[PDB]
Enquirer: 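Take a look at the following structure, please.
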Amino acid sequence: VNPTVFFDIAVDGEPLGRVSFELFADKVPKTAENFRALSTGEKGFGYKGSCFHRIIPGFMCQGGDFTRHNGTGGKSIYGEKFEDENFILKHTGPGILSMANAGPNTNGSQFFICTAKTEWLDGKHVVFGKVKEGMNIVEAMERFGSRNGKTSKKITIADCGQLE
Amino acid sequence: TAXXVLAXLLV
Ligand SMILES: [Cl-]
């Protein structure tokens, strides 16, 4: 009933496995639609081929900067930035998908996948989905991070799209 | 965060 998207993750070019997400379009339709379209590539740009640039074990894996590959870039399907839709959903545990930002109302394309409860981000980052399948892949990704977030190998979204 | 990354646990 909500949409599902997938990422096929690779590590230094070698496939690791698929992560699928449920997007809570029933609660955050504008934010879900952004991520869904960036995953299908239907606006002529998006997540395919981009990297996870900041992975902090025990916290989260951050990605989605498909324009500058370092945190400084990214763009939404609506323009460079869009508003915080709402903060209905909370950072309740591992597998939550939420927007990265540069302060209030600055959503673009960068996102994070939590590997722990991150409740101090409630009311500041818009939660819009959750890992459905492949949490083991996300845990595998964590192994390549570090305390400052720099990754020890290149972690890429080799392919992505919509399942259901 | 996306731009100035600060200390503690932010995105
Ligand atoms: Cl697709």
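Below, read A as the first sequence line, B as the second, and so on, with proteins coming before strands; counting in each chain starts at 1. Determined via X-ray crystallography, 1.5 Å. FYI, non-standard residues read as parent or X, and their leftover atoms are not counted in contacts. Below, all heavy atoms of this structure are taken into account, side chains as well, without hydrogens, waters or symmetry copies.
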Enquirer: Of cagrilintide, alisporivir, taspoglutide, which one is modeled at chain B?
Expert: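 The compound there is alisporivir.
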Enquirer: Which chain is the chief contact partner of alisporivir here, under the naming of UniProt?
Expert: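 It is most in contact with Peptidyl-prolyl cis-trans isomerase A, N-terminally processed.
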Enquirer: Working on this structure - any idea which UniProt domain of chain A most of the contacts with alisporivir come from?
Expert: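 For alisporivir, the UniProt domain is PPIase cyclophilin-type.
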